[PDB]
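Spebrutinib (bound form) bound to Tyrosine-protein kinase BTK.
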Amino acid sequence: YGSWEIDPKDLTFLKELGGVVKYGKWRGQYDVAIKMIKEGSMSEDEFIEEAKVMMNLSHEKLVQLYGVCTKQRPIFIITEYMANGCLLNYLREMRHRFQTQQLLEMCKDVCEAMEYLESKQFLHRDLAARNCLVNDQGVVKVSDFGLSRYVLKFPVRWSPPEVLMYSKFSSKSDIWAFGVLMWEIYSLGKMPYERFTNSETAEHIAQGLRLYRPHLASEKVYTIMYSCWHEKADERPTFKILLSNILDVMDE
Ligand SMILES: CCC(=O)Nc1cccc(Nc2nc(Nc3ccc(OCCOC)cc3)ncc2F)c1
């Protein structure tokens, strides 16, 4: 086995998470999530080459890749286990009665992950609340960064005009998605453009219209998410700038 390969005989399966994705242990002790990849769904040899690079991405707010099990059908992706599950579902649980400082911390967690990926010139390509996870300490981490490249729903609601019009993907299309994610956080997990179809959303956006302020977002927080939606990609901030903006708000 190479350094990116896990021997599946070292896994114990403990529970279904949803896929299929299972919770288990590696060598009896260490918690892991085990993603079983359905036959025909993935460009597996391309993915495995990329997994070698994903092995070296390491940031506290990025869900860690531990390795892949490649010698059989199906293959498995082994990652960090996140006990509190998907961010979208967490936001929607009304029992949490979240304070806005907790929402802002979620945004900062993601922004830190994305600033790291940006520093490595690595695009997420599908940033959204559904691709973020929550651990037992309430920390949000970004998952499945880059993964859509190996898949054989397009995220219209998280895409800037130049993606929808021309298929122009860049750092600035991740920025636009991050602004939509902040909106999802402050809206407690509402679907963006909830009364529109994808086709209507694409028109709305291309005509220069936008999401508007969630009730829980202060004017300062709204200005940060809104800055991600400039019609001109080059006038959108970087993740570094966004992180400084989010820290300034926390301080005020
Ligand atoms: C919103 C999107 C969405 O559901 N995505 C999704 C679903 C299932 C598994 C994965 N992957 C991973 N999950 C965990 N932890 C996890 C924990 C609890 C949980 O609760 C049971 C579900 O319903 C109670 C679900 C997942 N850790 C790492 C993963 F890689 C991603």
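Counting begins at 1 with the first residue of the sequence. According to its header, this structure was worked out by X-ray crystallography, 1.2 Å. Ligands are counted one by one from 1 in listed order, and the atoms in each one are counted from 1 as well.
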field: Closest active-site residue (UniProt) of chain A to spebrutinib (bound form, ligand 1), heavy-atom, 1 Å
entry: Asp126, 10 Å
message: Please list, in number order, the atoms of spebrutinib (bound form, ligand 1) under 4.0 Å from a heavy atom of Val21.
response: 9 (C), 11 (N)
message: Within spebrutinib (bound form, ligand 1), which atoms have a heavy atom of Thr79 less than 4.0 Å away?
response: 30 (F)
task: Tell me which UniProt dasatinib-binding residues in chain A have a heavy atom less than 4.0 Å from spebrutinib (bound form, ligand 1).
output: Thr79, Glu80, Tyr81, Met82
task: Would you mind listing which atoms of spebrutinib (bound form, ligand 1) come within a distance below 4.0 Å of any non-hydrogen atom of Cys86?
output: 1 (C), 2 (C), 3 (C), 4 (O), 5 (N)
query: Is any N or O atom of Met82, backbone or side chain, closer than 3.5 Å to an N or O atom of spebrutinib (bound form, ligand 1)?
result: yes
message: Check contact between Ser143 and spebrutinib (bound form, ligand 1), using heavy atoms of the residue and a distance below 4.0 angstrom.
response: no
query: UniProt domain of chain A with the most residues touching spebrutinib (bound form, ligand 1)?
result: Protein kinase
- prompt: For spebrutinib (bound form, ligand 1), does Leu133 get within less than 4.0 Å through its side chain, its backbone, both, or neither, judged by non-hydrogen atoms?
  reply: side chain
field: Contacts of spebrutinib (bound form, ligand 1) at 4.0 Å, non-hydrogen
entry: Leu17, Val21, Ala33, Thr79, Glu80, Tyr81, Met82, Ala83, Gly85, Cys86, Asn89, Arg130, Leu133
